[PDB]
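To find a chain, count down the sequence lines: A is the first, B the second, and so on, and within it residues start at 1. Numbering of ligands and ligand atoms starts at 1, following listing order. We read in the header that electron microscopy, 3.3 Å was used to get this structure. Portion of entry displayed, and contacts counted within that portion, nowhere else. Just the heavy atoms: all of them, side chains too, but no hydrogens, waters or symmetry mates, feed the values below.
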Amino acid sequence: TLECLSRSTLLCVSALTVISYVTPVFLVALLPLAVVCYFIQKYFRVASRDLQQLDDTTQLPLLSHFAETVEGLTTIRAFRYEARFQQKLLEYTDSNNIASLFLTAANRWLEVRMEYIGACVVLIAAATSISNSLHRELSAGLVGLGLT
Amino acid sequence: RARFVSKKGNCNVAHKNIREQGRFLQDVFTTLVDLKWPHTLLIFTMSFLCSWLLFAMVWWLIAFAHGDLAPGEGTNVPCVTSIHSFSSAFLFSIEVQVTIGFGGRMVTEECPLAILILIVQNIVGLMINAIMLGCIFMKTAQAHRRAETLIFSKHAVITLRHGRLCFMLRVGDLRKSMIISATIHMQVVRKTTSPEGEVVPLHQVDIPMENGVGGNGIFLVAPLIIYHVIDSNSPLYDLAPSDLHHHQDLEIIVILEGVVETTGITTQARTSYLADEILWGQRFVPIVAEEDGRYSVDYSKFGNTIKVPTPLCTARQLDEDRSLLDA
Amino acid sequence: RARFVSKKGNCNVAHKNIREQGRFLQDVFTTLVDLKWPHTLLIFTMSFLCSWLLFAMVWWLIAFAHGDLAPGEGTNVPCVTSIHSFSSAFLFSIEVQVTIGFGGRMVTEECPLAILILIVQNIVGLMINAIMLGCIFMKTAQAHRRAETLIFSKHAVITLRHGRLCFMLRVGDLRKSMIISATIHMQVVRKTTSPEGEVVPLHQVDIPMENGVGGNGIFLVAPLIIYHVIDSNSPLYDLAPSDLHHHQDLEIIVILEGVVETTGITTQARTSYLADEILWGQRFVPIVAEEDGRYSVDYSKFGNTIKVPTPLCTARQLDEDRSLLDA
Amino acid sequence: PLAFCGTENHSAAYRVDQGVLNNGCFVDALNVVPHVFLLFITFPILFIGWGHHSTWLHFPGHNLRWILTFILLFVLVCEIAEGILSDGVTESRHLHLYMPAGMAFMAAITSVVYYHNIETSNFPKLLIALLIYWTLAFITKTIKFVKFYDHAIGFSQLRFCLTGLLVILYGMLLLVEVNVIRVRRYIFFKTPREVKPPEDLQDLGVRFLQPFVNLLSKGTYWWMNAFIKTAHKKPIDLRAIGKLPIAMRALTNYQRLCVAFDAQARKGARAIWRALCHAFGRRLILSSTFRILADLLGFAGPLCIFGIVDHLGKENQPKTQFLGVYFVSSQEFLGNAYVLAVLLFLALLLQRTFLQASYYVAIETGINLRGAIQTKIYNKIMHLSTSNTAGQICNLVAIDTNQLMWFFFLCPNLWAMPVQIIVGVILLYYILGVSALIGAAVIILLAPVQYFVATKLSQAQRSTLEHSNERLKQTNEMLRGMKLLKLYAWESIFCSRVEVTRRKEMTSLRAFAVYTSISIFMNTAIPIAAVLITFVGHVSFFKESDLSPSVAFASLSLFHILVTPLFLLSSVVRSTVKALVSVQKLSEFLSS
Ligand SMILES: CCOc1cc(CC(=O)N[C@@H](CC(C)C)c2ccccc2N2CCCCC2)ccc1C(=O)O
Ligand SMILES: Nc1ncnc2c1ncn2[C@@H]1O[C@H](COP(=O)(O)OP(=O)(O)OP(O)(O)=S)[C@@H](O)[C@H]1O
Ligand SMILES: Nc1ncnc2c1ncn2[C@@H]1O[C@H](COP(=O)(O)OP(=O)(O)OP(O)(O)=S)[C@@H](O)[C@H]1O
């Protein structure tokens, strides 16, 4: 995880440096998008932390209930208490599901927001580099570098 | 069977054989306010178009009689300039009634009957314009659509409260505007036969709303339960749980009146419960719940009316049983 | 904990799950009155600019289709004169909607669809103009800022008056305008559990205001003390001096309604005391003082509430002690 | 200065002497009118309503009209583009080219906003205002089509295709409007229908309103916003999180699965697989469709970079048709590199939202499957006999259902990664000729190597878990009897034995870490080697075509797009076989 975090941070910094070297004007638009990115990242991080802790903590009651039902199965069938225990299981599994579902929805929210920021970055880079490769002397291949 | 008032306040009575002495249109003005907004639009536009057509009529007529529609322009002075047709006359009339007056066809100092007509045209224009302004101000301050959002529970329930049979409904004010000084009147509409031999077909007996102050008035922000104690000396005293079916001659109308907070005009919302609408042995489900930091009202459960064990018998028998248990 | 009504009358309830059938905007008009003055400004200006842009659209379109934007001016007659661009069309439209009509670009007798459009433009102009006039007359007669200067003492006090426990507040009318026919309603908002098993979450019990005439109405010029006798048969009967802390479920709302003397429109000022706001064993400091030749009211000491030795116990125990001392 | 029909031959474009309706740039002017109508009828109502808690309701045809308006905004961006491109020639800017289409754009956006306001407020009669609009927008566009046809504009030019697409889309929206007016008769009629918004949306406590939002919010998870903001101020409690909607409950999914099981029993592990299909295949293939569309639209990127760099690396329009108006064709249009840029942007945005929506639908169907399977295995626990392994059932709920659910998470990938790799190799070959096949083979070699490395890594993981379990038992011995050890100071000797076991565990961890390092290095180095061999062999060995900026950078972007599926295909296949074993075990258990 530390290796992959290093690689991700350095690749992102490297891509931003490349498309700033190809396009000096993009750097002016980078700061608003950087601010938006930071805010989104912070709000996600806090929400995802809470949701992950909750999603973990609701899974222990489910496995625990399964263990109990297997241990005292003959007793529960003796009491004819099967319906109550099935109700308790539905409740536990619904808590687990709603936790996992909200977790995945926050994940999707973050990833869509980051992909839209990336789309705005690619539009700005494309437009400005093409404009400079038309009006100015900016080379042809540097435009493709910044584009990728 | 017919009811007295619909569930939406629309009263169901039909009035027949009304000798009118012209009194329904001697009040042309509230008639012209109560004309629905499309009808008011059409009256508005008729009263403008007809005026313009009238005074354009007069203008073209004058310019005719003044010899101003004959060619040979340069020698004589027009009574108003460059009216060439009834089109020109119609445009000149519009311009002087609606006061745009481009001035391409302006009245000149030449012939007085035009001066007099233009006085008349301005004055009647001012008159009808102020008449319509005022009528549609009165129509901008109509508060019928505000009483469309004061709602009553579809089912009224009779339940045992504090040892006595009580007839309850629930009402709610959807908007933030406090309909100031709300007052509720409830009447049991039922055919009453008199011991002296008089039967009235839509008799209305007011039933007292139970208040600690002994009045008829509510502070309506969160939906509240309006209940009436059926102890005695008021109708519904002999209301057995069996007599609550469809074809029972029994209705209860409720009518709440109060000024709207904003346009400062009194309004009224009313509804009716027939003998089948009113349920027995139910109690209204709670609505207010203390949320994060406020009193959140859930309107989903507005008229759910959970059932609860109540003694199914008449209130007179309830008092008789209490008296027998006491002695 | 949440309260029912803030100290500034702003009610604290939140309404959820409201099935609206388009009823909040079927009343477009009181919605358009209640839009705050900046919002009303923006709606006003939108509804004018959009109309001008619309009819300027039509005018430029007609002059296009009439062949009036082609050069070669002298041969043919414009359908309205010297429209040269959508600028000219926009100015002509403004001049005929707002009726300035400089007349540099006047409609001519030439082509009828312009005549018909100019009829339509005048009539819709009159219509929207009268609509906005009336809505902002209704908005000039809004009396919300008048109830901002009817003030209640921040602390309500329970004191022994004429041998009985009385709950008092003090109210004041800052302006010279007598808010005519003032009437005060007080309700003890508290969760009530019924002996038959019904718990309502924001129950409102009206508490009777003590008057010699037996009514709810005050003559409000000098700040006066509104007090309620807690003898019996009304809430607060079992209010021990210990139960007056923050998290006690007990609130008292007060609501005074009356028409303003000047715009002749009913208004309402309301406030609330939680169990901590209400003090025990205090009495309001006198305010009126006979000055040089008048009754000078000093608003500095409005809510000072000096303390005075009172028997700290419930009113029921007060009546029990009186009965025991009597026999 | 700023003439609608640009000032030409002394503004000869305005002379309508020829039968007004067949003067272009007047029929183009007629379009500006219905869009002004919509804007100016709506903005007042929208701002009065913009000046409670609703539990909104959807009008029928909801998703369809959203899709249609998305396509509409797309064609209108293309029309703005073709116009602005189409008057680069002349000296005066012909506004009638783009300003009417750019006006229709804002009009369409207002249309979506206004319809959404009406949907939320359930005032269907207001929809009459849209009922007019499309009509006008239909008519005036058809009038524009017909007249085009008269001068034999044809299909040869792009503007004609775009205006035909527009006529079609306005016809579609008119049909949808009349559909709405037909189902729920809100216009002057018997006024019969009141839909009573769904029950699960009225539950104060169902805060996961993902199914109950308009398609745009469904795609952007826009609702989450509110939640997350709240979740930032005060922590998240089980009261703040809602409870599941009726569509996704343990009971609902369990009954669906049981109906599927009955249908399959009317016609073993195969039975369970076919039942899971019959129960969740609709959502599964919907997610797969989103995923494949996202794959293709992501491939739409490198080719667009190719086009852009080929245009600008060159050094640079005919068909003036409407007696002065120029008409750019599809071939000049797709070679502008300003149009290409915004088309890349639109395609990228749409592809990424489709990809995230595929992910979400797959996740949701997997979680519903987990719920149903848990309830089923518990209902089977209820009935089994006392003759029969408690921990086995506990982990069957803990790890086997987990592997099944993760197979259902990655299941769209299983179908859309081969398609991705195939189309990527094909596009690379089409761009770079024969050397691209060598490069693509070199990069495809990453997948089997990664699979082998993962298998060796799991083997090392088991061999490490053995020593880890033994060291844990020794630590537990040391920690239970710590009292007695400290009483006779035997702590150091037991610590030395624990350290010997730790050294053996480190001996195994060395091999585990070597395999992990090999994985990382292969993953990052196979693409570099692929690019190297591709370009060098293209230039030196093959003596092939000269390496242009467009061609080379298109191939580089295609390699970057090819990296990920080749790396994750190993994991997808491993998860598939793992979940196959899990379903086998689950059938073996459920059969007893
Ligand atoms: C893109 C991450 O969002 C997900 C995405 C999915 C479904 C999915 O096609 N995954 C692809 C990864 C993407 C980048 C292709 C994948 C495929 C094979 C093996 C592992 C994985 N992975 C899934 C775990 C995390 C990333 C590696 C499920 C779950 C999630 C999630 O938010 O946890
Ligand atoms: N059918 C009717 N429609 C409208 N108004 C009526 C009708 N009948 C009576 N009235 C009014 O009711 C009042 C008294 O009613 P009646 O005593 O029944 O008739 P009346 O008073 O003898 O009629 P008058 O006074 O001789 S015109 C009168 O002022 C009438 O104007
Ligand atoms: N959530 C809500 N929001 C707004 N109004 C409501 C709501 N629930 C009920 N009402 C109104 O309250 C009245 C009666 O409420 P209920 O008895 O609870 O529901 P209902 O009457 O059965 O609904 P109807 O009459 O079949 S549309 C109806 O006229 C509704 O218009």
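The drug at ligand 1 is repaglinide. Here the macromolecule with the greatest number of atom pairs within 4.5 Å of repaglinide (ligand 1) is listed in the PDB entry as ATP-binding cassette sub-family C member 8 isoform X2. By chain letter, those with a heavy atom nearer than 4.0 Å to repaglinide (ligand 1) are A, D.
Applying a heavy-atom cut-off of 4.0 Å to repaglinide (ligand 1) picks out A:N107, A:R108, A:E111, D:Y359, D:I363, D:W406, D:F409, D:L410, D:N413, D:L568, D:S571, D:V572. The structure places no covalent bond from repaglinide (ligand 1) onto a chain. For chain D, the PDB entry reports the organism Mesocricetus auratus.
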